[PDB]
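Adenosylhomocysteinase, liganded with ribavirin.
Chains: lettered A, B, ... by order of sequence lines. The residues of chain A that appear here are 3-432 by the PDB entry count, in order. Using the PDB entry numbers, chain B covers 4-432, in order. Throughout, chain C uses the PDB entry numbering, with the displayed residues spanning 4-432 in order. The PDB entry numbering applies to chain D: residues 3-432, in that order. Whatever order the structure lists them in is the order used to number ligands and atoms, beginning at 1. No hydrogens, no waters, no symmetry mates; every other heavy atom, side chains included, goes into these values.
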Amino acid sequence: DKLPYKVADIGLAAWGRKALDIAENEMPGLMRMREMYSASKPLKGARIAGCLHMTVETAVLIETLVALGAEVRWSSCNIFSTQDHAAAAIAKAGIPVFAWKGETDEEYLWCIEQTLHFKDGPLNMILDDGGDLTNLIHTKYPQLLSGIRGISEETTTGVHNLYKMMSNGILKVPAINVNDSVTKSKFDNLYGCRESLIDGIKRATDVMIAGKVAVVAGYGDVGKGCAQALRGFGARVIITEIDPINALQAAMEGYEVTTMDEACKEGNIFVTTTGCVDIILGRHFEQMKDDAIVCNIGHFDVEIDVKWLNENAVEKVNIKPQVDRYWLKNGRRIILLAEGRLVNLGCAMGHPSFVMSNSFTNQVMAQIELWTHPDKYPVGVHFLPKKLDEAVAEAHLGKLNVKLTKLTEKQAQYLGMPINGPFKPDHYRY
Amino acid sequence: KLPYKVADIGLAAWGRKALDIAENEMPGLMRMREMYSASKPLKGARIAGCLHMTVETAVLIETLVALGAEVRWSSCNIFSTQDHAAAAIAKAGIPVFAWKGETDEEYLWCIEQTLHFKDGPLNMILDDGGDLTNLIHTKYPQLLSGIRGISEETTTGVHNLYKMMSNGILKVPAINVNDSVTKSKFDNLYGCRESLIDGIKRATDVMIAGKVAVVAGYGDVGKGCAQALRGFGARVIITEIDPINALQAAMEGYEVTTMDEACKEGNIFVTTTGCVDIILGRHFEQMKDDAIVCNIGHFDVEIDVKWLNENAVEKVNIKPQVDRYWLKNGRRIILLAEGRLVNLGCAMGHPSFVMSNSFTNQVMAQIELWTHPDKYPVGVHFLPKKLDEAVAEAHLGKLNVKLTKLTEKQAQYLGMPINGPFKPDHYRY
Amino acid sequence: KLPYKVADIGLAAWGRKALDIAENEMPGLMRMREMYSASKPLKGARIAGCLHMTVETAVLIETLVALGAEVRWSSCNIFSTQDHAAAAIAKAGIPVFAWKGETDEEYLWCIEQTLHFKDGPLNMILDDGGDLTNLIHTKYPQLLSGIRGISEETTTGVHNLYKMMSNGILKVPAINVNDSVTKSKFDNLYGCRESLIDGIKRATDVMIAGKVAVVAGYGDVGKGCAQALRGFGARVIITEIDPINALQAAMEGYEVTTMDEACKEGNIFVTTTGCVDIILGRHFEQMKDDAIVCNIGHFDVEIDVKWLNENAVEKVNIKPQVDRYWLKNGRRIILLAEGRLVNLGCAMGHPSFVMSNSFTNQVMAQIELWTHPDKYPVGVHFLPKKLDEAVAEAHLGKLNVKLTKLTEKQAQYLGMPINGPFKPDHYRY
Amino acid sequence: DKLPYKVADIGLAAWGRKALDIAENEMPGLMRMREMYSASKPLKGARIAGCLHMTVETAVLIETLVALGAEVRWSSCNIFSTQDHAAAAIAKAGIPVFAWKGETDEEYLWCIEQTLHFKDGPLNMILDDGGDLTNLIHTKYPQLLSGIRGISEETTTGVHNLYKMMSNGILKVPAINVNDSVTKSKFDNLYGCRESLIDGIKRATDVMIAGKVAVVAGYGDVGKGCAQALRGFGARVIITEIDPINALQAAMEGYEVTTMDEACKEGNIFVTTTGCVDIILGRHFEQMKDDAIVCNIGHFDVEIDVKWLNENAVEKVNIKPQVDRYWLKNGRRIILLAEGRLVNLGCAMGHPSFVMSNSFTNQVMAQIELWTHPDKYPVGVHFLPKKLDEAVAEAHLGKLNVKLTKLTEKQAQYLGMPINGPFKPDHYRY
Ligand SMILES: NC(=O)c1ccc[n+]([C@@H]2O[C@H](COP(=O)([O-])OP(=O)(O)OC[C@H]3O[C@@H](n4cnc5c(N)ncnc54)[C@H](O)[C@@H]3O)[C@@H](O)[C@H]2O)c1
Ligand SMILES: NC(=O)c1ccc[n+]([C@@H]2O[C@H](COP(=O)([O-])OP(=O)(O)OC[C@H]3O[C@@H](n4cnc5c(N)ncnc54)[C@H](O)[C@@H]3O)[C@@H](O)[C@H]2O)c1
Ligand SMILES: NC(=O)c1ccc[n+]([C@@H]2O[C@H](COP(=O)([O-])OP(=O)(O)OC[C@H]3O[C@@H](n4cnc5c(N)ncnc54)[C@H](O)[C@@H]3O)[C@@H](O)[C@H]2O)c1
Ligand SMILES: NC(=O)c1ccc[n+]([C@@H]2O[C@H](COP(=O)([O-])OP(=O)(O)OC[C@H]3O[C@@H](n4cnc5c(N)ncnc54)[C@H](O)[C@@H]3O)[C@@H](O)[C@H]2O)c1
Ligand SMILES: NC(=O)c1ncn([C@@H]2O[C@H](CO)[C@@H](O)[C@H]2O)n1
Ligand SMILES: NC(=O)c1ncn([C@@H]2O[C@H](CO)[C@@H](O)[C@H]2O)n1
Ligand SMILES: NC(=O)c1ncn([C@@H]2O[C@H](CO)[C@@H](O)[C@H]2O)n1
Ligand SMILES: NC(=O)c1ncn([C@@H]2O[C@H](CO)[C@@H](O)[C@H]2O)n1
């Protein structure tokens, strides 16, 4: 007596399928997983609850998991990130999906709850992005924990939470940290944001980047890509940081590194990338240039104090969906994107398919590892082996017409490594 | 007769909000309003405009009206109208005939609606690409003697004016706005550096990083396009006919080769030449699977779209202005905006700040021609450097740029007028 | 009289090896030799040259001689001579009066040695910065009627020629070589992009990454300098008097402010203005400890070196052309090349490939003035675009650039001559 | 009856001292070690044999070790890298140093042998760059191993050798891998090469970079910096790689990735960064463009087959020290820099002082850790703790006028980290 799916408009499915066809041809990693494993069906018996942005890219991931034998039920991990034509295509394919663009907070929680119960029993695998599904099970459904073989987690904030859960004795299910595969963190977080930040800002505002001062809070993988994107279009980028190593990197790349207390007086565009609370506050907003654009690409909605704007502005003018222009008591305006929620996914289409093929090939590999080799994965947080990490990269080289060199026997002996790798030590930072 | 013709007048409120935001990004145009709204230098002008009907152009239109002109408007491209901007203009009582997705015949009908005002025929032309200019000269020559001047926005349009003049067929004075320094070195370069990728992304959501991109032409537009693609991690290959532009591209680290070679390597193709026959059937047949092909230069003639329509074995419309073709060789080609300007057809054109440079020049040109016509005999003219410098200066405050002033000692040393102009007429910036 | 005067003729063999390497990087000059060595268009010319006596200039000198000229040479800067290049020229029998580290009086003596040949006084000038031009006009006016033409290398020199002409005091026709497209947009820009950092590094070995660098001026030289510093991870701040150049710098992501503000922040200061009084005592007094200060523009007047010498409390010579001053405030300033051109004074100037563009223009200018003087009345002239394009084309093969040729259909469409020139005279590239 | 030092010309000492004074003011990390530890003298009793490029930067390191109480004896680890004025200043200061620019291979070995015996006994600490000192002791002087408390090793190839020695049971002394401190590998190897490669090429050849094709073999930290430097000056850079992850990084940065077998036909400049043998061979040289410039910035002299040039060229013309122009049987010329040895140190001045202050502050810290806390360091290869790594970066922020943000108590609680760090997990790649 439960809904089979819930999406904005299943009639968008034909357009969705065209977008999926294009994406498949950009995602050789996922297509190789299908070629290699569609017959052997390694995920047979798996019942995967997924909580991850319901985008065209994610649809390709979902169909890969199903091709490999899994049953899947899906929700988005963000109220604005669903692409309704992708959700429609997945629903039309008979896969239970509960996701649409513009969910309320109540609807969001309800959608996750729809993914827990399958025909043959409760979920036995978690594929998570940000840990909401992980946390829901541990907090509200502890009786389901014993039946879950593994968790794979997509993003930096999610994995931070898993390590904290483990250190405090709260984690009860083995997890693979997908974020920190080399082929995820050094590609998705960096090159993905380098394209999708600007895409979000532009679709929302059509603002010129050239000539502006842009303030980027944080200089981790996300901040590095955001800063590079903005600099490339001729913004002058100012960085804030708490970590002296990341701060020194930023200075050595030619960026001014200062505090938000100083930078708020100069920025025309503000991007938060920190995964931390209380980055942009009332005292900052009051000092900003007129029509400063403020957005978050890090986590949830707490980097920016959106509550302060709602409480203190004279008026909030909605410009269009996910774009609000606040008029402050000082007579100046602030343009806030996506209510302070992820701007690339909320105001544009998130990362492009090619780089998401890296991240999602790691996801499929992690699901196969946890489902088929559980003995290798005790309760705790684990990485994929370097050999598989390398294999993700190798699967994407052909599409780019990259010609990789093979070591000669003489060179392999000289270096003391195998011809087929792995080629780097475990601590290598790339 | 119709007061206007637009897609949906109900879009006017949203249009107005977008115009409000754009005004705050366009200090040059707002300064023209501050300076000239009382004195109304364009009183008596009846300006027919043919220029992409975007949010940015709406700000220009309302500036012309604030300065006392009567205006009637059409777009210069069948896909470039932003319907909310058109609706806001219509709602404000200004005759505009423009919508996204015109037929070719509707396009001409729209230009024709701009020619006659209550008080008489048009007496000024504001053009982008020469269609209004050519229409009057070829079909309505009886209207020419009543037109005081033409201002022309874009490289292809000004090329046509110079050709008309050399052939003795130009009959109205024109100002070349494209070749103001503050237009050509800003709009054509930095505008395309942002809006090319915006068009490609909204249309395809393709990853740029890791791709080979082939840019045909390395003029102002090609320079901006190449820099954009390289910034996102594409490997950019350039084609050129001019050895100077070619050497520039080589000295910036780009491979410069022919399209006959580059067609085998590119994943993304962008034409920027203003020339016919850049991408042909023999090129399409060699392209990598799902190569994305688009034009940012002129009209629809850089890419042989006719060839694709006639020779593909499948053609699937993905969404408006995005078509995916399957060739006999089994490979696919993705064509944007039917080969028409991709930045305006698949996205929103250049952002407002840089359009404020171009459009401040347009307002200055209209004022010069309308109020000082004897300074402009039949022929093609530039705005004075002093005015060109003034356009730039008007945008410095928004960016918090602090300009240095020469001391009297330094001005004497340089033999330079202390308030400019600061460069000789041949200076290339 | 002396056959030459150089530091050490024993350096000639090493000089010749360096010239051999440079010739293979200078296809424009080598092409001039291939085309004109038999016909000897410069037969009868007696060229006095005043231009940095470097390896690159040695290739130019031997090209002029190959084309039939007699030549006598001096450097235009007291620190820019490369002694091995000077020795190779001297060994080849060419009168050259140049060494690194001349006194100001020796500098003038060297120019004076170039004026008289066996067959009579000079009849052509090849100048860089106007010193030879000014010397003749002011001290040897009786020689003017015997001089057929002047070609001038650099922005400051051509500025002086235009001033002379407007004041009615220029008495010999001149060609402005600086403002060939293939000179100004290449040498001034890409040359400085490499040779500024070479000068700073050889002098100081300072890390660029992490520093704030202040570049005064954003013309061709300032653009090249700023890009170089940014590429290595310096944060670059720009000063400018021209609102157009200022807006360019802002649109490229640089902070544009005054020297009065920037002096408090910079670790490296580079002057590129061609103007007096850019860095003054009030600036030095505010600078970060061990700020490195240098000039790449003109003469020694951009930086107030007199102020440092008079006001520092300590001055220590680190090595040739590097001085470290201690100010009364206890902080240190490092001054390069006594405020003279840092790229030529502390390193080797621009690399040979880009100098081949500049120097091919110089050879073309000398040929034009010597063989077609009636085309050049007294005044300041440009080389024709056709020749400018030819300079670029002559360098494409070395870089393996493949230039596209228009089809006859395309040339008709564009109304363009199929072999060029391809751009109108106002084109800015 | 042994020499007290051996240098090119001790009369260069006054110029050397001026260069050292300038460098000190660029090296706040080393100067902070002096401020903090010159009175307590933590290295008292240490007798450190050092084998590391005898440059101005290294002189500042040497004087720091002596200020901290160590006795030191020094040699260079490269026959061309010594800066004779720096060596003179160290000799004049009474420190035994055996180093000059342009040593023969025999003289090189002799110089290392001079650093082993002190007045009060044999060395009891090793500071090494490339492992020659480490290998000499293990192979020729095993009886000295028991008296050595620790090894600190500077460079990637050196540390590779230490791990191999450990895996084969040959390492008998505890070692700290300095190369893989974050503040070394991500700064020295990357930003150092980004400046010093071009400096070497320019001083040797004065070649224009703009317009050229440059081929960079390897895209690790060194290759990344070299490629960026060359691209910045307008070369078109082609990368070769054996590792699919590094290769994908290069492609995503806009470089063509192909094999040397293809790239040798196109390159005008060749830079080897691999640490591997047999990168540029006869079959490559024969296909190169006329006057191709060929150089190595990786390891020793075996990346480039210099022996092939010597055996097969028609003639070798010496242009000036460390620059040779070979005329081949095909009539074309090859310009080889520094006989295939490190081009940045051999043809220029190596990395600038500021970034060497990061590397050498790690060296001082490693010497203090091994000398004063030996119980923490069993036989094996170890990293410096992240807290010290962060402290190296923090010590350089003031010179750059960087303003680092401090977490609030609320933020530190939210993130679950200490206000004073460390701020990243052990696996973080920066
Ligand atoms: N929107 C997306 O598509 C996307 C993609 C990847 C990751 N993410 C999210 O982005 C965020 C950042 O991810 P990351 O991988 O870059 O993590 P990271 O740990 O590499 O970088 C975060 C940086 O923020 C800095 N920081 C923390 N608090 C700060 C403060 N108060 N002020 C200034 N700097 C501060 C840290 O020192 C760190 O260097 C995470 O929330 C992650 O889940 C989003
Ligand atoms: N979409 C836009 O927003 C936008 C903006 C500005 C200009 N434009 C248009 O873009 C086009 C280019 O303008 P521009 O200012 O760069 O002009 P330009 O003259 O500076 O550059 C065009 C270049 O194309 C080269 N070229 C010509 N034919 C060629 C061919 N067959 N193959 C390779 N190269 C060839 C020329 O040598 C020239 O360097 C024009 O049509 C102009 O109207 C469009
Ligand atoms: N060292 C070299 O190898 C080399 C090479 C080429 C040119 N030059 C010399 O470099 C200088 C600059 O040449 P260019 O071609 O760039 O000329 P330019 O005219 O293009 O640029 C100089 C810029 O300085 C700006 N300026 C003038 N006075 C200023 C001041 N007080 N403060 C800030 N900005 C100011 C001007 O607005 C102008 O934009 C000239 O002296 C020229 O002869 C040297
Ligand atoms: N000259 C200097 O100042 C300097 C500075 C730092 C490091 N180094 C040295 O530079 C070298 C590289 O150091 P790194 O830190 O970049 O190491 P790295 O391991 O990060 O990079 C080396 C790269 O070379 C690649 N490689 C190996 N064999 C190859 C082959 N046959 N063809 C193509 N690519 C190949 C590897 O895949 C790797 O990515 C080492 O020898 C190191 O000791 C020199
Ligand atoms: N197009 C997409 O589906 C997309 N774009 C970005 N992300 C993921 O969103 C996560 C943040 O929630 C990041 O870790 C990315 O991997 N997914
Ligand atoms: N946003 C806009 O209205 C816009 N964007 C680009 N262009 C103009 O379109 C012309 C090409 O028709 C160029 O010359 C630009 O000036 N207009
Ligand atoms: N290597 C060289 O001989 C060299 N380098 C730079 N310049 C010239 O020096 C002039 C400044 O005097 C500039 O216009 C350059 O053309 N010459
Ligand atoms: N200026 C210098 O002393 C210098 N420059 C580079 N390197 C070191 O040289 C090692 C290679 O032998 C690298 O790991 C660098 O840390 N030292």
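In this structure, every copy of ribavirin sits at ligands 5, 6, 7 and 8. Other chains with a heavy-atom distance under 4.0 Å to ribavirin (ligand 5) are given as A.
Residues with a heavy atom within 4.0 Å of ribavirin (ligand 5): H55(A), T57(A), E59(A), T60(A), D131(A), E156(A), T157(A), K186(A), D190(A), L344(A), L347(A), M351(A), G352(A), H353(A), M358(A). Taking a cut-off of under 4.0 Å to the non-hydrogen atoms of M351(A), the atoms of ribavirin (ligand 5) that pass are 1 (N). Per the PDB record, the organism listed against chain A is Mus musculus. Heavy-atom contacts of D190(A) reach the following atoms of ribavirin (ligand 5): 15 (C), 16 (O) (cutoff under 4.0 Å). Close contacts of ribavirin (ligand 5) with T60(A), meaning ligand atoms under 4.0 Å from a residue heavy atom, involve 3 (O). Closest to atom 3 (O) of ribavirin (ligand 5), if we only count protein heavy atoms, is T57(A) OG1, 2.7 Å. Looking only at heavy atoms of the protein, atom 17 (N) of ribavirin (ligand 5) is closest to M358(A) CE, 3.4 Å. For ribavirin (ligand 5), the polar-atom distance check finds an N/O of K186(A) within less than 3.5 Å of one of the ligand's N/O atoms. Counting the atoms of ribavirin (ligand 5) from 1 in the order shown, those under 4.0 Å from a heavy atom of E156(A) are 14 (O), 15 (C), 16 (O).
Taking any N or O of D131(A), backbone or side chain, at least one lies under 3.5 Å from an N or O belonging to ribavirin (ligand 5). For ribavirin (ligand 5), one of its N or O atoms has an N or O atom of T157(A) under 3.5 Å away. Of the residues UniProt lists as binding substrate in chain A, a heavy atom under 4.0 Å from ribavirin (ligand 5) is found for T57(A), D131(A), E156(A), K186(A), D190(A). Shortest contact from atom 5 (N) of ribavirin (ligand 5) to any protein heavy atom: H353(A) N, 3.0 Å. Taking only nitrogen or oxygen atoms, main chain and side chain alike, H55(A) reaches within less than 3.5 Å of ribavirin (ligand 5).
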